[PDB]
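Presented below is an entry in which one can find forskolin.
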Amino acid sequence: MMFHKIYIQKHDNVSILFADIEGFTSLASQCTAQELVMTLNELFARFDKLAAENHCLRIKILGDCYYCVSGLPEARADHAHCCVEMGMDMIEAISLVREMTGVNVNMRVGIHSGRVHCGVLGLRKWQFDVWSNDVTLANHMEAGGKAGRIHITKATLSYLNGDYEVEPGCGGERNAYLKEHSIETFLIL
Amino acid sequence: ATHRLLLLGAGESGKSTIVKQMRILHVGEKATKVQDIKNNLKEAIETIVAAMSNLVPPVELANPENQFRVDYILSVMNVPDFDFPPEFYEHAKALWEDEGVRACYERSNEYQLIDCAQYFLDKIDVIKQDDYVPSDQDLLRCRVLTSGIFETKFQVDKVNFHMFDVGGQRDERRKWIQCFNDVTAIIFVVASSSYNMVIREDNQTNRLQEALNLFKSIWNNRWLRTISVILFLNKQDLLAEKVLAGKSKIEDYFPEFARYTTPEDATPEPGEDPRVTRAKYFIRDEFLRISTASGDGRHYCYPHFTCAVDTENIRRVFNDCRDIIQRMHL
Amino acid sequence: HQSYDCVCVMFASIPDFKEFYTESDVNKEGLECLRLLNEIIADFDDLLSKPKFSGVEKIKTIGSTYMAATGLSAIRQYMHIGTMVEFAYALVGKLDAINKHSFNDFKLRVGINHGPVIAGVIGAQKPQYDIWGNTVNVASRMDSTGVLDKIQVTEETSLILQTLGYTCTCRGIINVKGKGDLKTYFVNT
Ligand SMILES: CNc1ccccc1C(=O)O[C@H]1[C@@H](O)[C@H](n2cnc3c(=O)[nH]cnc32)O[C@@H]1COP(=O)(O)OP(=O)(O)OP(=O)(O)O
Ligand SMILES: Nc1nc2c(ncn2[C@@H]2O[C@H](COP(=O)(O)OP(=O)(O)OP(O)(O)=S)[C@@H](O)[C@H]2O)c(=O)[nH]1
Ligand SMILES: C=C[C@@]1(C)CC(=O)[C@]2(O)[C@@]3(C)[C@@H](O)CCC(C)(C)[C@@H]3[C@H](O)[C@H](OC(C)=O)[C@@]2(C)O1
Ligand SMILES: [Cl-]
Ligand SMILES: [Mg+2]
Ligand SMILES: [Mn+2]
Ligand SMILES: [Mn+2]
């Protein structure tokens, strides 16, 4: 009665994946406006196909930014492997769509595992989304990430059971948010 | 049964004072606040001596001797990790013992001064000891600023209460919202005594007027339409004295008192001067006028004459509250 | 999807809110925050349903940023440009209303730009209505480099508002990464 009904809820033990186009604006110089939307849609329709295979739920597309989650609607203990495996297919999938652009397109992955709140805001035109400090971080992992590589957090590796071979990511020296929070990052090989 | 209670009200109203009066009442570590008590004392005297020359007119010392203690107390004002030497307490006391300094305390409505001044300054000689351990009244009179939100849980007759305490200053009110969904009742605190005084936040806005508007802001909130309010007209002792002494009158700040007379539903305390009755029930109806306007039976207001430092008054009234939580089936 | 000749795009974020948002035992790990944000978005959504605003489409929200547009309902003549501004004002009016009850001093930062766009849908998992184009990221940039309480417009957008009754002031030269240094303007009240 007082507030509106919040269609949100907490979820623990989840993994948030973010990925953006490296040099989209540089690319947006060559092709026509409609040619981009072709490639973009060609890419993400492919991305949305990969999602379901890796037990991943796509959240929202912000132009050249794609970001999905793993650990919804019901939970999974295997949640962090998924995002990584998703990123893996996401990486190669971009190289095969690079065939169609004929130009140097690249993805930049960032994964963090933590807690979210999720649902929908407002009243009109709902879209599924996720929110938390952890979600805020995930985006800065992407941002302070490496080209064609999968940037993961200290927390993401602890759920990752040490199955993949990593290396010092040094996100602190790439993003200001990652430094100012002493976050130690890694990179999948 | 669980009843989430939220304390709302202006700066220094006496919210944190009440929360302790639940640890006192319904729930070794005392050594950590001795530090904080000495600070009070320090801030208390240094505040008065500072205020002397910044008044119209300036207040002069009764004993021209004390001048150097004033020089002392000034020069040590900013000192970070102050170690409170026995000289400090000596000069401090002598300073409080000075008459001009008291004549400056009599005008502490003009500058900004914490409530516990008189109380602690009268026990310099008690606090000065290193064997010293503070009584429970000392614990209550102790003043620390609240910044954030604090949740201390308690139980009365196997009934669980969660009590939330929040910063009461303007910059601190932004956090309040976080307690609006699922709150059993609001406890609105008011410093009844602060009619001759203005708030710290700007050094101009009348404290009580502030408290009236803030109450009006909470009464007429869009997420508090149904949530009922227990009004705690606090600092009754401080009010009563201010009234009886008859220095700074009520009608000189809040002129609408000039027409107001004592009500008939008025139940005075055994042998209480009619003027004190007249005043606190004026201050009561000031908040009730704000509350007799809107709401229309959706939420309700509960007047209480209270003294948060007095555990006897607080035990009395918090039951009067416990009853009213169960009664209205909230 | 299809392209349009003259749309109107608006990005209006509340920066203040990121620093506002906090996770803690007390505030249910940021739930009670979103809860206010909920209200806001909701309050801001209640407009689309007005009469003087019916020709305004709500696109999406990003974090705490209202994205909207005008002129998606055709085949003065830029009457819709001014409506977007009229709407932008109404958003602020509603934020000032929230500020009153929430005990905050939140400020909206607006950016409006007009011009050709490409409309339509993207994504296989759940197709969502969006708009692409230079117009759209430029408006987004009229926000990210904005000033609270003010509406930052491009010169093109400024020129029309003048013929419609609005007066303007030049901010100076903003660098729009990829498209270079562009002159921008604030709207007067
Ligand atoms: C000439 N530009 C375009 C032509 C056709 C279609 C789109 C664009 C375009 O510039 O899209 C922008 C923005 O509207 C579009 N975009 C973002 N969010 C939305 C959105 O929510 N809806 C529609 N478009 C969106 O994304 C694109 C750029 O992403 P951005 O984050 O601003 O730059 P980056 O730093 O990520 O890439 P770069 O410097 O790395 O190369
Ligand atoms: N004499 C007297 N002093 C009181 C009474 N109630 C509170 N005080 C004193 O007033 C001072 C301020 O109380 P306090 O509880 O700190 O305010 P507050 O409302 O919590 O303040 P804040 O944290 O919002 S800034 C304390 O020194 C307290 O002991 C009262 O009834 N009588
Ligand atoms: C709404 C609050 C808060 C702090 C919570 C949050 O995690 C975000 O919603 C994310 C990061 C997050 O939800 C993931 C999507 C996206 C779009 C990247 C958001 C924005 O960057 C928000 O910033 C804005 C615009 O407020 C941000 C950071 O805001
Ligand atoms: Cl008060
Ligand atoms: Mg307090
Ligand atoms: Mn990009
Ligand atoms: Mn992007």
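The alphabet sets the chain names here, A first, running in the order the sequence lines are given. Per the PDB entry, chain A residues shown: 377-565, in order. Note that chain B is numbered according to the PDB entry, with residues 39-65, 86-388 shown in order. Note that chain C carries the PDB entry numbering, so the residues on display, from first to last, are 879-953, 964-1077. Order of listing sets the numbers, starting from 1, for every ligand and every atom in it. Reckoned from all heavy atoms, side chains included, excluding hydrogens, waters and symmetry mates.
- In this structure, every copy of forskolin sits at ligand 3.
- In this entry, more contacts with forskolin come from one chain than from any other, and the PDB entry calls that chain Adenylate cyclase type 5.
- Under a 4.0 Å heavy-atom cut-off, the other chains found next to forskolin are A, C.
- Chain C - PDB entry name: Adenylate cyclase type 2.
- Note: chain A touches forskolin mostly through UniProt domain Guanylate cyclase 1.
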